[PDB]
Amino acid sequence: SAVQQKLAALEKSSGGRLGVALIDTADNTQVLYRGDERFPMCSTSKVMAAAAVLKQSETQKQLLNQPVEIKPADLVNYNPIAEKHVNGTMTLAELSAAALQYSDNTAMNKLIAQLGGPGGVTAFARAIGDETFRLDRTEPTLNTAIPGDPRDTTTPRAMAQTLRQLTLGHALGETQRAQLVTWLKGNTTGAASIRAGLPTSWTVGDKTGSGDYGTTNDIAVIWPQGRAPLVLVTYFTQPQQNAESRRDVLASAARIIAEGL
Ligand SMILES: *C(=O)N1C[C@H](NOS(=O)(=O)O)CC[C@H]1C(N)=O
């Protein structure tokens, strides 16, 4: 109840809409704030897409090594890794790593194309028991984050359960799960978000996202020192389209969640 009140006060002082889902896998206890409201996933959807290609690699041995042609025309709005390889090639493993750890949008589009389009990512979500996730568009338009728009959205509760199944459960094979966790732990973009609200001694693997309407997201699997892991989804979006990012709000939500643990 105190956590519910503090998250409501944080949201009230934030000027936006905050969604939080915590799963404590020590006892499966949950904490939800707007946990069943939809939020635009933005770059956090990349987790699903990479996991889906990892799932494909369970029945294609050499799929993650398969070269993919990077063309000049493939570049979109944020391609910090892919631009080095245009007119060249990247493997699907490199593309997955670039998408997850550097949030390369061209790499995400290559992952999406490897799955047959956004519906293939949604189909993977359905195949691992996620009924809420929907991916509808490619990069960059999946980040429009328009209020009330269900496209490219999920709920905090669904994303927390799914992230647990992908990183801690058995939605993926053991090697694929380990690769996904390795990728998440090497994220370069997460230090200002959930991780900033957690004690420094805790290991975090996470994927951030941001979009229009000041949309500021983070999804994390957290290994606290000396405790079983947590799954924490913090989604945040604001009323006006041009709003600035608010990673401090994600950090504050993580601090509130962390303090009740
Ligand atoms: C995903 O949210 N995006 C791709 C890339 N990464 O964002 S993050 O660094 O906040 O994870 C650029 C921002 C954003 C986008 N432009 O769509």
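The PDB entry numbering applies to chain A: residues 27-57, 59-238, 240-252, 254-290, in that order. Indexing begins at 1, ligand by ligand and atom by atom, following the structure's order. As a basis for the values below, the full set of heavy atoms in this structure was taken, side chains included, without hydrogen atoms, waters or symmetry mates. Heads up, header says this was done by electron crystallography, 2.0 Å.
- Here, the chain sharing the greatest number of close atom pairs with ligand 1 is referred to in the PDB entry as Beta-lactamase.
- The drug that appears at ligand 1 goes by the name avibactam (bound form).
- At a 4.0 Å cut-off, at least one heavy atom of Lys73 sits close enough to avibactam (bound form, ligand 1) to count as contact.
- Looking at avibactam (bound form, ligand 1), you'll find an N or O of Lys234 within less than 3.5 Å of one of its N or O atoms.
- Residue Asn170 has at least one N or O atom closer than 3.5 Å to an N or O atom of avibactam (bound form, ligand 1).
- This entry records a covalent bond between avibactam (bound form, ligand 1) and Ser70 OG.
- Near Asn132, the atoms of avibactam (bound form, ligand 1) lying under 4.0 angstrom from a non-hydrogen atom of the residue are 4 (C).
- Neighbouring residues of avibactam (bound form, ligand 1) under 4.0 Å (non-hydrogen atoms) are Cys69, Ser70, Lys73, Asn104, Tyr105, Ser130, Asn132, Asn170, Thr216, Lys234, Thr235, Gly236, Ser237.
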